[PDB]
*Asks:* 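PDB structure, acetylcholine-binding protein, neuronal acetylcholine receptor subunit alpha-7 holding lobeline.
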Amino acid sequence: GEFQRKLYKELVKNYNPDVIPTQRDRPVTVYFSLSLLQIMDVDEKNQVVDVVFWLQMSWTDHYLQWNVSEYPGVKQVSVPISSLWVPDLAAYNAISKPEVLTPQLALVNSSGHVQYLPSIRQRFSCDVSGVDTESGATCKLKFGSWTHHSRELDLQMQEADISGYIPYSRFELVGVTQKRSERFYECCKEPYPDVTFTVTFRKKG
Amino acid sequence: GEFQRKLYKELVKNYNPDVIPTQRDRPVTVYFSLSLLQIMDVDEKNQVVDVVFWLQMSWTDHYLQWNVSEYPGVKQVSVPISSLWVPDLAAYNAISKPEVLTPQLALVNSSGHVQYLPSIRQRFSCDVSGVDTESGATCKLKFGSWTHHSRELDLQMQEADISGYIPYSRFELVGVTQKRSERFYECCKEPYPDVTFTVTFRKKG
Amino acid sequence: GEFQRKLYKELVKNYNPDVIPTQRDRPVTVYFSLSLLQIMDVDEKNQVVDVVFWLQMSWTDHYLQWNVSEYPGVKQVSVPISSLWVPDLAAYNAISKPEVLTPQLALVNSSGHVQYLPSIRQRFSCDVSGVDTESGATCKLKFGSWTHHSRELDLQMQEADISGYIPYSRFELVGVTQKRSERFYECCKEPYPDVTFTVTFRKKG
Amino acid sequence: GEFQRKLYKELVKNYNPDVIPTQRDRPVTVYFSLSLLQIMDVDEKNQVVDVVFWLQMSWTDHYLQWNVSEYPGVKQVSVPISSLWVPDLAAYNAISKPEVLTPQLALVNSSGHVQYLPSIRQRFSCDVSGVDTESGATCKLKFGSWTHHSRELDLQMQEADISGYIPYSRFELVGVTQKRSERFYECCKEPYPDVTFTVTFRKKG
Amino acid sequence: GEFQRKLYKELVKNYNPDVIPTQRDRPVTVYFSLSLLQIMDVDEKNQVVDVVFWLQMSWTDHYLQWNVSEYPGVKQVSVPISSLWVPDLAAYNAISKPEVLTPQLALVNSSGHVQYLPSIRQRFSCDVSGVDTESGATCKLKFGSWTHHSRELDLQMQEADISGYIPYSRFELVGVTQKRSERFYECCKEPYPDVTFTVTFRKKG
Ligand SMILES: *[C@@H]1O[C@H](CO)[C@@H](O[C@@H]2O[C@H](CO)[C@@H](O[C@H]3O[C@H](CO)[C@@H](O)[C@H](O[C@@H]4O[C@H](CO)[C@@H](O)[C@H](O)[C@@H]4O)[C@@H]3O)[C@H](O)[C@H]2NC(C)=O)[C@H](O)[C@H]1NC(C)=O
Ligand SMILES: *[C@@H]1O[C@H](CO)[C@@H](O[C@@H]2O[C@H](CO)[C@@H](O)[C@H](O)[C@H]2NC(C)=O)[C@H](O)[C@H]1NC(C)=O
Ligand SMILES: *[C@@H]1O[C@H](CO)[C@@H](O[C@@H]2O[C@H](CO)[C@@H](O)[C@H](O)[C@H]2NC(C)=O)[C@H](O)[C@H]1NC(C)=O
Ligand SMILES: *[C@@H]1O[C@H](CO)[C@@H](O[C@H]2O[C@H](CO)[C@@H](O)[C@H](O)[C@H]2NC(C)=O)[C@H](O)[C@H]1NC(C)=O
Ligand SMILES: *[C@@H]1O[C@H](CO)[C@@H](O[C@H]2O[C@H](CO)[C@@H](O)[C@H](O)[C@H]2NC(C)=O)[C@H](O)[C@H]1NC(C)=O
Ligand SMILES: CN1[C@@H](CC(=O)c2ccccc2)CCC[C@H]1C[C@H](O)c1ccccc1
Ligand SMILES: CN1[C@@H](CC(=O)c2ccccc2)CCC[C@H]1C[C@H](O)c1ccccc1
Ligand SMILES: CN1[C@@H](CC(=O)c2ccccc2)CCC[C@H]1C[C@H](O)c1ccccc1
Ligand SMILES: CN1[C@@H](CC(=O)c2ccccc2)CCC[C@H]1C[C@H](O)c1ccccc1
Ligand SMILES: CN1[C@@H](CC(=O)c2ccccc2)CCC[C@H]1C[C@H](O)c1ccccc1
Ligand SMILES: O=C(Nc1ccc(F)cc1F)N1CCCC1
Ligand SMILES: O=C(Nc1ccc(F)cc1F)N1CCCC1
Ligand SMILES: O=C(Nc1ccc(F)cc1F)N1CCCC1
Ligand SMILES: O=C(Nc1ccc(F)cc1F)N1CCCC1
Ligand SMILES: O=C(Nc1ccc(F)cc1F)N1CCCC1
Ligand SMILES: O=C(Nc1ccc(F)cc1F)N1CCCC1
């Protein structure tokens with residue numbers, strides 16, 4: 001509609017997608033969770049697990065807000081992530097580049113809340129030696145901001161979800177636990193937060 | 001000719017490929033069809049199917065129209081899709097990025113009706129365990145807008161089409177059925193339409 | 001050369017590589033031919049053939065012409081194809097993207113006659129079951145414009161040659177034909193022409 | 001934040017990422033170290049080794065400094081490396097392009113000190129024939145500036161690190177040594193400095 | 001440094017990387033050579049060999065010259081090849097795109113001499129059916145400009161190298177010869193020079 005056009009113009013001026021949208025003191029809080037969809041493969045020789053999953057990232061970008069009074073009907077807009085600042089979350093123990101399976105777009109409402117919900121295929125380092133046993137094998141999928149510490153970027157866990165796991169896989173999904181951690185490094189002076197998704201699974205039969 | 005060069009200049013000014021061309025109350029209706037061309041391969045271990053198919057996707061963009069009186073010959077033009085808003089249809093259950101096999105162009109007539117017809121190869125998660133039986137295997141191929149809900153993007157199926165199926169494949173294409181659904185997700189007030197193609201196939205013999 | 005730089009500045013202005021250079025009624029005629037260099041592989045299970053070939057394409061672009069008296073000694077120039085309008089020719093039964101093996105450069109002369117001669121590797125759907133019989137297997141490689149019809153892009157054939165076929169192959173050429181047809185499609189008001197290269201081959205032994 | 005934005009605009013002006021940030025005879029000194037994390041593969045037939053490893057690279061770009069007085073909260077920023085000059089370190093004996101696993105962002109402080117810490121998977125030519133022996137196999141990973149000599153880019157080792165190596169590897173990591181060299185190629189007067197990591201490893205059990 | 005920055009703004013204005021820098025009666029002479037590093041694979045079924053090699057390409061571009069007097073400490077600079085005119089040297093019998101293994105940078109001195117030294121992995125068509133014999137197998141790596149004849153681009157050989165070959169390769173390198181030819185291609189009045197590197201090798205025993 002004619003109003004979305006008007007809005008793109010206003011929101012786009014001065015906007016810089018390379019600059020994390022902090023405000024005086026307040027870090028950007030980034031809510032994060034992972035839903036396991038499928039375990040594509042297990043490589044018992046090179047110790048790697050190949051998985052497809054869905055990620056929810058949401059946060060508030062205060063530069064991306066508007067009064068609905070000035071833009072009737074416009075409650076939300078779809079925005080290519082290349083035009084937005086987005087959390088630089090990385091899988092700390094990945095051994096392959098993430099392959100994003102879905103359109104690289106984010107939903108953004110009038111409050112400047114942003115939802116990026118990408119589906120991803122990625123391989124990880126893991127001891128899968130236990131996959132053929134009753135105890136199964138346990139893989140940690142550990143994520144955190146690559147370059148923003150806790151006081152710029154405040155990573156928080158959202159309630160996880162296992163309802164998405166495909167029933168006909170050859171791998172039974174035993175469980176998925178979720179943990180938020182925070183540590184300093186001898187390197188930098190600020191602490192860094194991470195979220196680890198611990199997945200346990202075994203071969204059916 | 002000279003008129004196509006002219007038309008381009010006009011259509012290009014004030015055109016934003018990031019803004020879905022809705023028309024106040026009116027959602028953009030997107031006609032969608034999938035023609036299965038070839039089942040390339042079946043991974044019975046990891047439960048995936050590898051298919052080549054032709055998508056037919058058409059919709060009306062009203063910022064892309066022109067009075068033919070003013071541009072004598074030009075009845076339609078070929079436009080690189082990277083310059084157009086295109087519906088953000090995701091393959092809900094793809095486990096690989098799509099490989100587009102054909103030139104990434106769309107046709108547009110003077111009513112702003114756009115046709116984009118890519119040929120695509122892609123791998124999908126599927127229970128293929130029945131492939132060697134009479135009943136065969138059944139794969140659902142599920143697509144929907146990733147970010148736009150029903151009142152923004154109205155997805156419409158067109159007729160099932162198996163005429164394009166290669167006759168010399170190792171798999172017999174039993175049938176393809178089609179269902180449209182409007183799913184509600186907990187998060188949102190508005191439902192998101194999805195079109196699912198169900199194809200049933202078995203090894204020949 | 002200074003005259004080549006002058007000529008660049010002249011041709012580049014107002015040039016638009018997204019507009020087919022038709023010239024009032026007259027279609028752009030495109031000459032096309034394919035010469036087979038090697039058959040790299042045959043996949044008898046999935047019915048695909050893997051080939052390396054050399055295309056010759058030629059057409060006239062009337063915005064690329066110059067007075068040679070005005071640019072002494074400048075008879076042709078090399079132009080990256082990304083800067084030009086190029087025919088949107090597609091392989092109708094390709095099952096992979098074309099991998100281009102040579103520099104993406106076209107030769108352009110003062111008449112505006114363009115020549116583009118890519119060597120290409122690509123995979124095609126084909127019934128190859130006959131590959132090990134004396135009769136051999138027959139693949140059709142079908143090419144045409146993807147969006148332009150007869151009256152906009154007149155595809156014509158140039159005579160085939162098999163002298164470029166590598167002689168130390170495991171596959172032996174048994175028959176080759178090249179034919180231009182003009183079919184209607186289940187949609188568009190106007191007919192679309194194609195050139196089809198029909199190659200018959202078999203294993204040596 | 002608001003000072004970050006202002007800093008952005010101030011830093012980009014006249015910044016040229018193709019220009020090495022030397023300053024009057026003083027070469028830009030580049031600190032460099034490699035943390036081996038995983039040995040993905042060993043090919044005893046083609047003599048290649050596949051490794052995942054963590055590069056630490058740091059240097060000073062005096063065009064990137066600012067006064068924290070002028071920019072109150074801002075002590076450091078995250079910059080996409082594609083916006084920066086970066087050392088042209090080449091892997092001398094690599095047989096495959098590097099796959100970068102991590103977000104391609106560098107950290108810059110108010111002194112103009114850049115830290116770039118990419119995780120990388122890459123394959124290298126190496127004699128791995130000794131892999132099955134008690135003596136193990138030895139691979140040399142040789143890096144260096146591809147085009148800048150000693151007096152332009154001063155490559156310096158930092159403290160190496162073995163802590164990152166995964167325990168559940170099927171390869172045992174005997175030793176990693178770390179040497180700097182300076183080689184004169186018969187082309188130039190100046191030498192070109194290279195840092196080399198020599199890792200000795202063998203199959204377990 | 002201050003002067004490399006100055007020299008950049010100077011060179012970039014009035015530089016066109018699409019125009020071969022010929023002068024009247026003066027072809028751009030391009031010195032070419034190949035150092036074979038490793039034979040990675042031999043495919044006796046499909047008749048391809050897979051090689052890693054180092055190319056030396058050097059030539060002069062009168063548009064990249066400067067006077068060291070006006071740029072006091074600047075003898076040479078590192079320029080991305082994407083920014084420069086580069087010879088369109090092609091591999092005639094390549095069956096795959098070349099994988100460039102090293103940074104895509106060229107050294108340019110003040111007299112306009114350009115040096116470009118890429119490391120490359122590429123697959124070539126070749127009769128390797130004799131790789132198991134005493135007589136060995138012989139491959140012809142044929143390179144030449146794809147669009148410039150002798151009077152525009154004068155391809156010349158430099159003396160090659162074999163010392164770069166790896167001694168633990170599974171293949172014993174026997175010999176490498178160099179030959180510069182001039183072909184006429186009947187389409188064209190002017191001849192087209194190529195450089196061919198003949199290499200003979202065998203499995204080790
Ligand atoms: C651009 O391409 C689009 C896609 O093909 C073109 O679309 C169509 O235009 C049709 C009319 O020109 C339109 O027609 C039917 O339209 C009505 C149904 O909603 C219906 O009222 C019409 O009946 C007509 O009714 C009388 C009584 O029988 C008929 O005799 C007349 O033919 C009337 O036209 C039509 O049945 C159709 O809906 C529309 N398709 C889409 C997908 O929008 C569009 O015209 C093209 N532009 C140009 C300039 O060619
Ligand atoms: C825009 O999006 C945000 C995030 O969904 C909305 O915030 C939530 O609204 C629910 C319902 O009122 C609350 O229970 C949550 O506490 C809110 N979450 C957050 C992160 O604030 C926000 O209200 C939306 N704005 C509009 C105009 O609806
Ligand atoms: C910016 O980062 C640099 C690099 O860490 C800091 O510099 C060093 O300073 C520490 C003490 O703070 C010394 O121990 C190191 O030897 C220095 N390293 C180098 C190579 O310079 C610097 O402190 C930071 N700048 C600011 C303004 O905090
Ligand atoms: C530019 O190239 C074209 C194609 O070679 C030249 O073209 C035409 O004239 C030739 C005989 O003089 C014919 O052999 C060609 O078939 C014909 N081509 C077409 C499609 O028109 C033309 O001479 C060249 N221009 C100049 C000035 O040399
Ligand atoms: C720029 O580079 C060229 C190539 O190295 C330099 O060239 C040549 O000069 C040498 C002596 O310095 C001669 O021995 C070579 O025969 C000659 N070869 C070539 C390629 O021309 C040249 O001196 C350099 N220019 C400057 C300004 O130093
Ligand atoms: C990148 N690193 C911190 C920075 C930092 O450590 C660092 C900074 C400066 C110098 C040396 C190291 C920032 C937060 C993430 C953390 C990641 C972890 O190191 C790491 C390294 C290699 C593989 C996996 C994980
Ligand atoms: C993305 N989601 C809807 C929105 C939404 O969920 C959502 C929106 C906002 C907040 C939280 C969740 C939009 C339409 C598609 C749907 C997709 C499905 O989740 C899904 C995800 C992964 C695999 C299969 C299916
Ligand atoms: C693309 N199509 C014509 C255009 C058109 O059909 C079309 C145009 C507009 C709307 C609907 C259909 C142009 C000529 C090629 C033809 C292709 C063939 O369908 C096809 C489809 C899928 C695989 C192989 C071949
Ligand atoms: C690129 N070369 C030096 C320059 C130079 O040699 C050279 C420069 C100009 C002319 C002739 C030779 C710079 C430092 C690296 C060195 C690379 C090594 O040769 C090499 C080539 C191929 C594989 C492994 C190693
Ligand atoms: C491109 N061609 C010459 C030009 C030319 O032939 C040509 C020019 C104009 C019209 C028709 C043919 C220029 C020099 C290289 C040569 C390439 C060789 O043909 C060739 C083609 C395909 C695979 C291997 C080799
Ligand atoms: O793209 C946008 N905004 C936007 C997109 C689509 C719409 F319909 C309306 C919009 F406002 N932005 C990029 C950077 C900030 C905003
Ligand atoms: O590119 C176009 N339009 C266009 C393309 C090719 C033509 F021959 C004529 C045209 F008008 N657009 C991109 C943005 C708006 C339309
Ligand atoms: O110019 C074009 N179409 C076009 C686009 C890309 C190509 F490669 C070739 C083309 F012809 N048109 C102008 C009228 C609409 C189509
Ligand atoms: O690139 C060119 N033209 C061109 C290229 C190389 C030359 F030596 C001289 C030239 F004129 N164009 C792109 C758009 C139209 C011309
Ligand atoms: O992008 C930047 N700087 C930058 C990035 C992110 C921020 F939040 C703030 C910044 F200043 N540069 C590119 C070239 C020069 C610096
Ligand atoms: O980028 C450059 N030149 C260049 C590179 C590095 C330097 F330190 C200084 C330079 F001038 N060019 C691209 C077009 C012409 C040269």
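A, B, ... follow the sequence lines: proteins, then strands. Residue 1 opens every chain. Atoms within each ligand, like the ligands themselves, are counted from 1 in listed order.
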*Asks:* Specify every chain or ligand assigned to lobeline.
*Replies:* ligands 6, 7, 8, 9 and 10
*Asks:* Which other chains lie near lobeline (ligand 9), in the sense of having some heavy atom under 4.0 Å away?
*Replies:*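 Those reaching under 4.0 Å with a heavy atom: D, E.
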*Asks:* Quick one: what's the binding site of lobeline (ligand 9) if I count heavy atoms under 4.0 Å?
*Replies:*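 Counting heavy atoms, it is made of D/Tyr92, D/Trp146, D/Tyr185, D/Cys187, D/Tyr192, E/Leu37, E/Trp54, E/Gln56, E/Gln115, E/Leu117.
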*Asks:* Suppose we measure from atom 4 (C) of lobeline (ligand 9) to each protein heavy atom; which comes out shortest, and what is that distance?
*Replies:* E/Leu117 CD1, 3.9 Å
*Asks:* Just to confirm my output: which protein heavy-atom neighbour is closest to atom 18 (C) of lobeline (ligand 9), and how far is it?
*Replies:*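 Answer for atom 18 (C) of lobeline (ligand 9): D/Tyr185 CE2, 3.8 Å.
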*Asks:* Could you check atom 20 (C) of lobeline (ligand 9) against the protein and tell me its nearest heavy-atom contact, residue, atom and distance included?
*Replies:*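 In this structure, atom 20 (C) of lobeline (ligand 9) has D/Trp146 CH2, 4.0 Å as its nearest protein heavy atom.
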*Asks:* Which atoms of lobeline (ligand 9) have any heavy atom of E/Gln56 under 4.0 Å away?
*Replies:* 11 (C), 12 (C)
